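Overview of a structure with dasatinib.
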Amino acid sequence: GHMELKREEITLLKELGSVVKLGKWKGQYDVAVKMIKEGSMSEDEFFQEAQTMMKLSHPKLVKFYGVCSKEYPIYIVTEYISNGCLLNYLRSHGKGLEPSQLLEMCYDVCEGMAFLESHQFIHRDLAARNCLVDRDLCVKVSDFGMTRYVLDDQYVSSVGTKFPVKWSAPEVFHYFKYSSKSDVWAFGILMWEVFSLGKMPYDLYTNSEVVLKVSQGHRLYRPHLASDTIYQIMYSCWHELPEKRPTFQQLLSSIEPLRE
Ligand SMILES: Cc1nc(Nc2ncc(C(=O)Nc3c(C)cccc3Cl)s2)cc(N2CCN(CCO)CC2)n1
């Protein structure tokens with residue numbers, strides 16, 4: 001098999017986030033190394049989560065390299081994505097970007113998402129916070145411990161980790177279910193985060209308020225940087241009925257003419 005890496009071939013350099021560290025693998029490759037402490041998660045859950053991330057390999061998804069599981073802390077090793085978190089990037093440097101570059105960020109996410117959709121997986125927390133920006137401003141989605149298998153046009157129970165409600169499809173908070181399109185709703189919110197340069201969606205409202213207002217028909221306003229056509233694409237993601245929302249394949253073909 002091939003998932004286990006030689007721990008001695010990884011030099012830990014600096015803390016990236018909280019714990020993820022920057023490292024050098026074999027004196028040649030830049031890596032990001034997530035530290036799993038004993039008790040933070042079950043070893044069975046860790047193994048399943050690593051195997052799934054490995055399997056869902058795609059240029060627009062974070063590239064899993066391997067694990068170091070012979071002792072604690074357990075390592076999950078991935079590629080090192082230079083520009084960090086998309087949310088921080090939008091907030092720090094967004095103002096300088098061209099609107100075509102913001103649209104390109106949405107296209108990257110949509111491409112990675114159409115891949116997950118092709119394998120009947122959904123991302124349970126599709127948000128800027130779970131996206132990483134490379135040197136060229138290309139976006140990669142992190143799927144680690146966040147995916148769920150759901151048959152096309154079906155529903156499954158929401159039982160598991162509860163993710164922020166402001167990115168959740170109504171079926172999630174109304175019916176305690178995910179649909180194969182719960183993912184698509186969150187993609188619209190991600191698009192809104194991109195075009196608003198990282199503003200908090202539904203800023204002035206609580207989770208209980210959002211749940212109620214969304215149920216009433218309230219949707220996020222158009223960020224000024226987004227064209228009318230782009231806003232119409234994000235809006236289409238927010239249909240109350242999953243069956244009325246587009247697929248990531250349809251979204252990809254809608255985003256493409258607008259220059260990818
Ligand atoms: C927090 C952070 N991440 C960075 N890069 C990463 N690449 C891959 C990462 C990672 O977490 N992989 C991973 C995933 C996704 C799932 C499971 C397991 C793992 Cl291991 S984190 C860079 C960075 N920067 C700080 C701000 N600097 C601005 C200077 O201009 C840029 C550098 N900060």
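Index from 1, following the sequence. Note that ligands are numbered from 1 as they come in the structure, with each ligand's atoms numbered from 1 the same way.
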Name in the PDB entry of the chain with the most heavy-atom contacts to dasatinib?
Cytoplasmic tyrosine-protein kinase BMX
Is it the side chain, the backbone, both or neither of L132 that has a heavy atom closer than 4.0 Å to dasatinib?
side chain
Nearest heavy atom to atom 1 (C) of dasatinib: which of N130, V31, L16 does it belong to?
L16
Only heavy atoms of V62, strictly under 4.0 Å: list the atoms of dasatinib that pass.
15 (C)
Would you kindly specify which portion of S82 sits under 4.0 Å from dasatinib, judged on non-hydrogen atoms: side chain, backbone, both or neither?
backbone
Mind figuring out which UniProt-annotated active-site residue of chain A lies closest to dasatinib? I'd like the heavy-atom distance, to 1 Å.
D125, 11 Å
Which UniProt domain of chain A lines most of the contact region for dasatinib?
Protein kinase
Could you tell me whether dasatinib has any atom less than 4.0 Å away from a heavy atom of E79?
yes
Enumerate the residues contacting dasatinib with a heavy-atom distance under 4.0 Å.
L16, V20, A32, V33, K34, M53, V62, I76, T78, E79, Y80, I81, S82, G84, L132, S142, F144
Atom pairs and distances, dasatinib N/O vs protein N/O under 3.5 Å:
residue   : atom   : partner : partner atom : Å
dasatinib : 5 (N)  : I81     : O            : 2.9
dasatinib : 7 (N)  : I81     : N            : 3.0
dasatinib : 12 (N) : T78     : OG1          : 2.9

